[PDB]
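Accompanying notes for the structure given below.
Residue numbers begin at 1 in each chain, while the letters A, B, ... track the order of the sequences. Basis for what follows: all heavy atoms, side chains included, without hydrogens, waters or symmetry-related copies. If you're wondering, the header gives X-ray crystallography, 2.4 Å. Each ligand, and each atom within it, is numbered from 1 in the order the structure gives.
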Amino acid sequence: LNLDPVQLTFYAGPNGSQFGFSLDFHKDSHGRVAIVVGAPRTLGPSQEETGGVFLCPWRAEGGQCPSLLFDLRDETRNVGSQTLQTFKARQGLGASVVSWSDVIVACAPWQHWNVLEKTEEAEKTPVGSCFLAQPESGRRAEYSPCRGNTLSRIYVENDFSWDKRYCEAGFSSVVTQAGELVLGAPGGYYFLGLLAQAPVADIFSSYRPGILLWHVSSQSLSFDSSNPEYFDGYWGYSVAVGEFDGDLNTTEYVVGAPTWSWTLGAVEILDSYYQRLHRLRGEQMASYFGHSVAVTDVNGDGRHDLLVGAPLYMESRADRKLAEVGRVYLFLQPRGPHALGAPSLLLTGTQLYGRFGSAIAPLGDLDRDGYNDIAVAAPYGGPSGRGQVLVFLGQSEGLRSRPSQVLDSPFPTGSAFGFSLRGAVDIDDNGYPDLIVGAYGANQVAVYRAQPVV
Amino acid sequence: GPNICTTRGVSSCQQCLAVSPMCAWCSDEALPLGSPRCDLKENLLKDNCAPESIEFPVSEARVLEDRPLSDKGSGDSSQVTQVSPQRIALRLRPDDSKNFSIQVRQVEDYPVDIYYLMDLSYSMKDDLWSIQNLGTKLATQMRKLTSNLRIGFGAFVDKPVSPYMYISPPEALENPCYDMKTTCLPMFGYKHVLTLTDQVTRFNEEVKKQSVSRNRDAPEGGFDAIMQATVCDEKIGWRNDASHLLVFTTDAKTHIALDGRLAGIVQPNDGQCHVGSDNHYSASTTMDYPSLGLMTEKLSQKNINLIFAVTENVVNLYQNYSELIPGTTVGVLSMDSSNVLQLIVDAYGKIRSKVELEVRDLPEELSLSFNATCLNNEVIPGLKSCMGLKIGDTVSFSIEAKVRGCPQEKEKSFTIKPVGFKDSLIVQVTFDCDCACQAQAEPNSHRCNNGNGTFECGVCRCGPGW
Amino acid sequence: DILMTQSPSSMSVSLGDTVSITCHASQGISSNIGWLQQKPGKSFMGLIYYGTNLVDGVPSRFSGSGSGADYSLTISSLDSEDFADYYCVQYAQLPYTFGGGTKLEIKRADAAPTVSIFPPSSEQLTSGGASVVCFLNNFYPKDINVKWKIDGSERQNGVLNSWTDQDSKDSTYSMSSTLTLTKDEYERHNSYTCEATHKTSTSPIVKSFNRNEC
Amino acid sequence: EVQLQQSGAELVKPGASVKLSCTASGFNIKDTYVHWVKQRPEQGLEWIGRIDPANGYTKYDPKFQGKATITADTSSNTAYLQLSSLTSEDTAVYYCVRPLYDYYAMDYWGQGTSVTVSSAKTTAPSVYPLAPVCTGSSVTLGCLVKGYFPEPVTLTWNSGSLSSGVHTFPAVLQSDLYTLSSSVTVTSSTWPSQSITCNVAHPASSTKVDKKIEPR
Ligand SMILES: *[C@@H]1O[C@H](CO)[C@@H](O[C@@H]2O[C@H](CO)[C@@H](O[C@@H]3O[C@H](CO[C@H]4O[C@H](CO)[C@@H](O)[C@H](O)[C@@H]4O)[C@@H](O)[C@H](O[C@H]4O[C@H](CO)[C@@H](O)[C@H](O)[C@@H]4O)[C@@H]3O)[C@H](O)[C@H]2NC(C)=O)[C@H](O)[C@H]1NC(C)=O
Ligand SMILES: N=C(N)c1ccc(C(=O)N[C@@H](Cc2ccc(O)cc2)C(=O)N2CCC(OCC(=O)O)CC2)cc1
Ligand SMILES: *[C@@H]1O[C@H](CO)[C@@H](O[C@@H]2O[C@H](CO)[C@@H](O)[C@H](O)[C@H]2NC(C)=O)[C@H](O)[C@H]1NC(C)=O
Ligand SMILES: *[C@@H]1O[C@H](CO)[C@@H](O)[C@H](O)[C@H]1NC(C)=O
Ligand SMILES: [Ca+2]
Ligand SMILES: [Ca+2]
Ligand SMILES: [Ca+2]
Ligand SMILES: [Ca+2]
Ligand SMILES: [Ca+2]
Ligand SMILES: [Ca+2]
Ligand SMILES: [Cl-]
Ligand SMILES: [Mg+2]
């Protein structure tokens with residue numbers, strides 16, 4: 001409603017770097033807000049794509065940003081009569097970034113890994129890896145919970161069970177308020193998908209450079225399955241956290257699985273032991289129900305609500321015709337211990353191929369009316385196909401069915417304006433929470449400042 | 001007596017005709033002061049109205065082109081007629097309606113294109129063996145139904161990129177089957193093999209030189225191949241006047257749009273052709289899988305009848321996809337494709353067992369309604385699609401066109417076309433809302449309030465600007 | 001296999017010293033080395049892993065260093081609990097192989113041994129055996145040699161020695177030597193002596209007794 | 001806390017077989033490799049092998065191929081070392097080891113399990129007094145403990161009374177049996193004035209003999 005679309009702020013990265021693929025707000029130890037931007041195709045030292053991260057100080061004029069530096073060199077260790085190697089070429093560092101306290105977590109989901117033992121090998125596969133930095137102190141750490149040293153022959157003899165070689169850990173990521181990092185790995189267990197969790201403190205204290213294979217004893221991974229409904233389901237394509245079981249001492253996980261059960265799609269709520277509390281089934285096959293999830297209480301009852309994006313949902317139109325426009329589902333949490341029922345509201349896109357619902361960002365209370373609000377992205381929507389971001393305000397019954405404000409892309413065609421979103425933080429300290437929008441196709445980030453209600 | 005043509009009290013000829021399709025206007029000088037000039041045409045001649053001064057247009061519908069339906073689709077450079085009539089002239093007065101007819105025939109001996117798009121991942125190794133004679137065997141059976149058959153061939157596996165592709169050791173890149181005791185081709189996304197030709201032994205000899213490859217994950221990139229086989233007109237060789245059959249055979253699930261992000265691929269599918277002279281799909285490693293909606297658009301745009309010929313273990317999956325891609329047929333393929341011949345013959349019969357009408361460019365102010373005559377001279381009100389047909393059958397439809405009011409533009413044309421057919425019916429509509437006496441008015445007429453008005457059709461109208 | 005040559009065999013030092021053990025490998029092991037501690041009469045404790053990384057809970061006076069095939073463990077300012085055994089271990093290749101060991105001992109001024117010879121007992125002789133015992137108590141350094149002489153001539157067969165750890169109070173070592181003869185062979189001779197060679201004397205410290213005589 | 005509690009000390013005959021245990025307390029034994037190490041005073045430390053309790057796979061030093069068998073039961077959170085066709089050379093203390101962080105390290109150690117191979121029976125010791133020969137300011141006595149099996153024994157002068165200035169020496173194996181001796185030093189005025197006594201207790205055969213030191 002009250003986001004300023006006239007005076008924007010633009011940050012830019014190098015050409016072809018996909019600067020803006022992911023972003024988040026970052027508060028330093030003194031509470032100063034900055035923007036962490038991922039650029040998963042930034043050129044490394046060898047003039048090869050490896051990815052990179054940028055830490056943008058807040059300036060109303062925007063501009064260039066300094067680099068948050070990470071080790072981009074491939075590593076080799078000969079130990080235990082084996083050879084461990086990491087491959088950072090085209091790893092996509094910055095395909096996801098998230099911030100917690102004064103720590104930044106940036107992940108390279110396509111970092112490859114292999115183990116050599118005489119003539120045998122583990123197979124060069126994308127296990128992924130996340131990089132952790134404390135910018136003010138310069139401290140660095142890594143976390144790669146799917147690296148292994150089992151040889152390829154063993155997986156074949158055991159029918160590829162507990163096969164963590166294709167995790168792509170860091171595909172999606174989130175941190176609990178207590179400091180538990182939770183990673184999505186949709187290629188886990190031969191493309192079923194898994195979750196990997198560990199405290200940020202234990203990641204730092206157990207890491208030493210050059211080890212490549214180490215234990216984080218406090219970590220906890222999800223489990224493999226024999227159920228064909230989960231095969232090729234990409235469980236962990238998107239992840240989020242919230243409070244859904246009434247007990248305020250436990251943190252619940254929300255996991256998107258957009259190809260679950262033969263591309264029907266699903267979203268599941270779990271406790272921190274990965275036991276399942278609820279499952280939301282997709283409405284239409286191949287709609288990618290679960291592509292995006294977000295957790296926020298929109299109707300002001302203190303109970304976290306859930307929205308699910310299905311960006312490829314095909315809406316029924318005249319003459320038995322379907323139109324791919326996208327759809328967002330809202331699930332209000334009922335009182336006490338009960339199951340999330342049918343959707344409370346269905347928001348459906350308008351522009352063909354607009355992919356309405358590709359990203360869903362909680363805004364906090366934008367207009368300061370006591371109810372929390374959201375922003376939904378249609379990166380190829382709008383009358384010109386350049387992309388739109390639509391704001392929906394909360395109310396006592398959930399969300400408004402029509403947008404209070406639409407943000408048209410300020411970038412050229414093909415920028416994917418809205419592919420990444422992040423709100424609910426006051427970056428200019430004016431008392432109203434703001435919105436940063438990534439356009440990786442244009443290698444830029446746009447900042448929308450909220451203003452007093454007109 | 002006092003009808004709605006008079007009781008409503010008109011002011012001009014145009015206002016008279018727009019009251020009801022039955023009203024007429026009398027543009028005669030000799031007419032009593034109290035007598036009306038906007039009445040039923042009978043009551044006007046009853047009141048000595050000069051017949052030439054009567055404005056009463058009638059809604060009509062006369063055919064312009066009326067070729068007869070062909071008996072054989074053979075011969076001709078597509079001088080075949082499967083819709084009759086092909087063009088009519090429709091004329092409506094305000095708020096009036098008129099009905100017309102159309103005949104549609106599933107013409108016998110129509111040319112047929114069949115492009116065989118084959119999964120060539122490792123589990124199809126035995127399938128290749130049982131179809132080494134398909135080109136000739138299929139030519140034998142299709143010769144009973146058409147004398148113009150063309151067949152072609154293409155193959156797919158998946159996007160040749162990690163993690164779909166084995167990338168270590170270097171030997172695995174040239175031979176993905178290295179850690180077994182065999183040799184298979186390097187991984188390929190989609191390759192065109194044989195442009196559509198009537199030399200069916202080209203099919204057999206090309207297939208005998210084909211071999212399989214191997215990849216890591218169970219879903220395959222067949223949708224990439226369906227898109228390229230559809231939008232690469234020249235390379236595949238579809239004909240402008242032939243039923244286009246695209247036979248898609250696989251024994252596994254399929255990748256869909258937004259799956260490519262596990263290979264680092266985020267760029268949406270652009271729906272354009274990317275198969276060059278090397279006959280390989282060059283955007284396989286840089287462009288995401290196509291979505292069901294984009295696949296539907298191109299199949300409908302190129303008149304491709306897609307056939308899912310898949311094994312029992314995935315027939316429910318593809319049956320559910322075909323419901324999201326209207327016009328798609330599904331058949332059950334044996335574990336070695338040994339039954340693919342009868343599968344294609346039955347899919348062609350199902351494809352040509354339906355006639356569904358379609359309306360294009362219909363004006364907002366025109367509404368249409370349909371009565372269908374299928375099977376045996378039975379009328380089915382409110383229906384525009386026949387089913388259960390056979391090659392050579394003929395059906396017909398009765399259309400009524402009602403116009404609401406009278407639009408600004410007086411000439412518009414729309415189209416009635418059966419889904420998938422080349423022929424169509426072009427309806428040229430003219431809206432007859434004016435009187436011919438209006439094209440001969442007197443601006444600034446002396447008899448009209450000292451030149452303050454205009455004289456038309458025997459009455460004085462207020463001039464422009466008043 | 002990979003040989004771990006750990007030096008020195010032992011060392012005598014004092015509290016507050018800065019000492020350094022070393023470990024040489026038969027080939028390059030690229031810092032894949034650990035250092036261990038075994039306090040007297042107890043199990044092991046990890047000190048270093050991967051050449052330079054302290055195990056959790058280890059004081060910072062410990063430190064590791066080295067590269068290629070040569071590594072070193074350093075203890076800046078020795079503590080009292082640091083006097084124990086230390087081993088290096090490689091894990092660059094299977095099988096894992098350990099170093100020989102290195103005992104840290106307390107340094108102090110030299111002390112001469114207190115020799116004492118004890119003829120066989122009346123009870124033991126009546127059973128058929130005869131054992132002459134010789135105690136060498138409280139000396140430093142640990143190195144010492146005992147020589148048994150029967151009728152002036154050296155005797156090597158049938159001797160049984162035993163040592164004690166560095167005593168907690170005086171930091172001195174002690175030794176027990178035992179010659180065991182049959183009763184029949186014990187009486188074929190008259191003189192019985194144990195000679196003690198120590199760096200605290202060029203002349204061997206001697207004590208003896210003649211059978212029958214007292 | 002990470003603790004490795006091994007089974008109690010074993011005592012067996014040559015040719016027989018023994019099976020040791022290593023129980024994980026405070027963690028899941030499935031987490032890391034579990035190694036076994038053998039310690040002898042002369043030969044030093046030797047690496048037997050390892051097991052990955054997550055999947056039961058093992059590695060071995062070829063020196064121990066045949067004698068050593070490593071298994072693990074994730075149910076009871078315990079690993080095992082089985083030794084077969086035992087020998088004198090198989091007499092040592094066995095430790096189970098696991099790493100802290102580095103996958104291949106050796107950081108946490110169990111307390112150690114003592115194994116002793118012998119055909120010897122339960123034999124009681126033979127206490128002998130040791131009086132000097134027919135002078136100075138100091139005087140030293142002694143006691144001899146010969147031919148007992150198995151270990152250990154407790155030796156006290158005057159039943160814990162005389163403690164300072166005493167040396168008891170580690171036992172030594174003399175052909176399938178152990179032997180130990182202890183000395184004691186006082187002043188010349190103390191002896192033969194006061195009565196000093198050697199108190200030897202061997203609980204295995206349940207014996208507590210005591211000899212008084214008599215001069216010559
Ligand atoms: C291809 O598409 C078909 C059609 O949608 C899918 O088949 C459906 O699968 C769903 C999920 O398994 C089935 O849903 C279940 O419906 C049951 C009632 O259906 C009855 O009535 C229909 C009428 O048409 C019959 O066809 C059917 O056989 C039954 O007799 C419910 O009892 C089930 O409820 C249970 O599960 C749900 C979760 O799904 C829980 O919420 C419930 O509490 C309860 O535990 C269930 O809802 C549906 O019946 C199927 N339809 C048909 C026609 O078979 C295929 O799965 C799909 N295949 C692929 C590969 O995509
Ligand atoms: N964690 C689980 N529950 C789970 C584990 C594994 C799987 C899975 O898919 N394994 C694989 C095992 C396999 C078989 C043949 C081969 O050569 C290579 C690998 C599988 O069966 N394929 C289906 C067929 C396909 O053949 C190759 C081709 O078509 O080119 C490869 C994958 C699914 C779920
Ligand atoms: C389609 O058929 C219906 C009959 O089911 C026709 O509707 C009837 O038309 C006659 C014409 O005089 C009327 O008298 C009836 O009252 C109508 N019946 C209804 C409306 O239920 C209809 O006209 C036909 N239309 C076309 C285009 O063929
Ligand atoms: C309209 O329908 C009538 C019968 O209802 C039919 O006689 C007439 O031919 C139809 N009009 C045209 C143009 O065919
Ligand atoms: Ca909770
Ligand atoms: Ca709520
Ligand atoms: Ca609000
Ligand atoms: Ca603000
Ligand atoms: Ca087959
Ligand atoms: Ca595949
Ligand atoms: Cl700009
Ligand atoms: Mg396959």
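- Drug identified at ligand 2: lamifiban.
- Tallying contacts with lamifiban, the largest count belongs to the chain named in the PDB entry as Integrin alpha-IIb heavy chain.
- Lab note: other chains with heavy atoms under 4.0 Å from lamifiban -> A, B.
- Under 4.0 Å from lamifiban, the heavy atoms of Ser225(A) that appear belong solely to its backbone.
- The PDB record for this entry identifies chain B as Isoform Beta-3C of Integrin beta-3.
- Under 4.0 angstrom from lamifiban, the non-hydrogen atoms of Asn215(B) come from both its backbone and its side chain.
- Taking only nitrogen or oxygen atoms, main chain and side chain alike, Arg214(B) reaches within less than 3.5 Å of lamifiban.
- Inside a 4.0 Å radius of atom 24 (C) of lamifiban there is not any protein heavy atom.
- Across the listed options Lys125(B), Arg216(B), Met187(B), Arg216(B) owns the non-hydrogen atom lying nearest to atom 32 (C) of lamifiban.
- The residue among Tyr122(B), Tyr190(A), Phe160(A) with a heavy atom at the shortest distance from atom 33 (C) of lamifiban is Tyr190(A).
- Contact annotation for atom 21 (O) of lamifiban: protein absent (non-hydrogen atoms, distance under 4.0 Å).
- Considering backbone and side-chain N/O atoms, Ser213(B) never comes within less than 3.5 Å of an N/O atom of lamifiban.
- Looking at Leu192(A) against lamifiban, only its side chain comes within 4.0 Å, counting heavy atoms.
- By the criterion of a heavy-atom distance under 4.0 Å, neither the backbone nor the side chain of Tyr164(B) is placed next to lamifiban.
- Source organism of chain A in the entry: Homo sapiens.
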